[PDB]
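The following structure holds decernotinib.
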Amino acid sequence: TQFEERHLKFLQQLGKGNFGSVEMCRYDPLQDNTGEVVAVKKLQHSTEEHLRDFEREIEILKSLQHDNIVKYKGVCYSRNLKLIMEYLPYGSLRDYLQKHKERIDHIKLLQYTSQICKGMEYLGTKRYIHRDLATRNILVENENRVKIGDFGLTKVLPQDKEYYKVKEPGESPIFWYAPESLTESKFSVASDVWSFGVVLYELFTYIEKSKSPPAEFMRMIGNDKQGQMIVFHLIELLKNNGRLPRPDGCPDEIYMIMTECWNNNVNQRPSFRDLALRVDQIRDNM
Ligand SMILES: CC[C@@](C)(Nc1ccnc(-c2c[nH]c3ncccc23)n1)C(=O)NCC(F)(F)F
């Protein structure tokens, strides 16, 4: 069924990014304010290149049906398309964890970790590369469920290759990037696994500001480094085994999972199927 533009009542801005904006809207055809609250994504500056990428993101989201992937609801046509998605009122895992801090125990962080792995494994079966796995891009449905949000940077692997090469990169979350992504702009399941190790780190630091991957990496390379020199030094640091520290109070076993994800050798990084099995075993033991 279709969504009429005239019936989408603006409520609040949710955020802005990669040439798009996300708003919380009430889909109210009855005009009595009893309509469903939905998340609406639209392009801000809609060029023919941006429309093309937006359409691809719509096709990607529509093709995904998993408990740990934000639900596609529809499209609203007025091109200047609007992507309609389910609204998750608890917001991002980043904001949720920052607010609720250590009142969320290790058992609970591992329940979220497992769900992220499962969502990522399912994504990999479709030959999709997320490229922006971070706690800011994970949504909380409720206390017991998290989902991967924002597919704006997702690439589909070529039929004959196991990596996607970005020729002209835009805004990049470099402190979540695998070394081959920094040096050769190569993205794969293995680079998504590297970013997952960074997600696990974020979780176990409970989003403490001084402990964030940009703060830790900047201290390691020197806060005097600027622009492209940050990328140059981060590459050399990663090459010489500089890694994010073990978060305070993080179990040894969870830090080992992070370090395995952060392997310079792309083939030696674990698989998401293995990670979900491993994390479920840790959970069971606890
Ligand atoms: C896309 C919206 C945006 C900019 N920021 C947020 C921030 C807080 N809360 C919501 C939100 C709540 N409920 C929703 N339901 C669906 C989509 C988004 C939301 N979004 C983003 O890219 N960051 C997270 C991602 F997980 F969505 F990817």
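Shown for chain A, in order and in the PDB entry numbering: 842-919, 923-1130. Excluded from the calculations below are hydrogen atoms, water molecules and symmetry mates; all remaining heavy atoms, backbone and side chain alike, are included. Method reported for this entry: X-ray crystallography, 2.5 Å. Whatever order the structure lists ligands and atoms in, that order sets their numbers, starting from 1.
- Here, the chain sharing the greatest number of close atom pairs with decernotinib (ligand 1) is referred to in the PDB entry as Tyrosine-protein kinase JAK2.
- Applying a heavy-atom cut-off of 4.0 Å to decernotinib (ligand 1) picks out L855, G856, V863, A880, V911, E930, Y931, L932, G935, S936, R980, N981, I982, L983, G993, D994.
- Under the PDB entry, the species noted for chain A is Homo sapiens.
- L855 O, 3.9 Å is the protein heavy atom nearest to atom 7 (C) of decernotinib (ligand 1).
- Close contacts between decernotinib (ligand 1) and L932 involve ligand atoms 12 (C), 13 (N), 14 (C), 15 (N) [criterion: under 4.0 Å to a heavy atom].
- At under 3.5 Å, a nitrogen or oxygen of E930, whether backbone or side chain, sits near a nitrogen or oxygen of decernotinib (ligand 1).
- Those atoms of decernotinib (ligand 1) with a heavy atom of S936 less than 4.0 angstrom away are 8 (C), 9 (N).
- On a distance-only criterion, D994 and decernotinib (ligand 1) share at least one N/O pair closer than 3.5 Å.
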I'd like the atom pairs linking decernotinib (ligand 1) to the protein - N or O on both sides, separation under 3.5 Å - with distances to 0.1 Å.
unit_1, atom_1, unit_2, atom_2, d
decernotinib (ligand 1), 13 (N), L932, N, 3.0
decernotinib (ligand 1), 13 (N), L932, O, 3.0
decernotinib (ligand 1), 15 (N), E930, O, 2.9
decernotinib (ligand 1), 15 (N), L932, N, 3.4
decernotinib (ligand 1), 22 (O), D994, OD2, 3.1
decernotinib (ligand 1), 23 (N), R980, O, 3.3

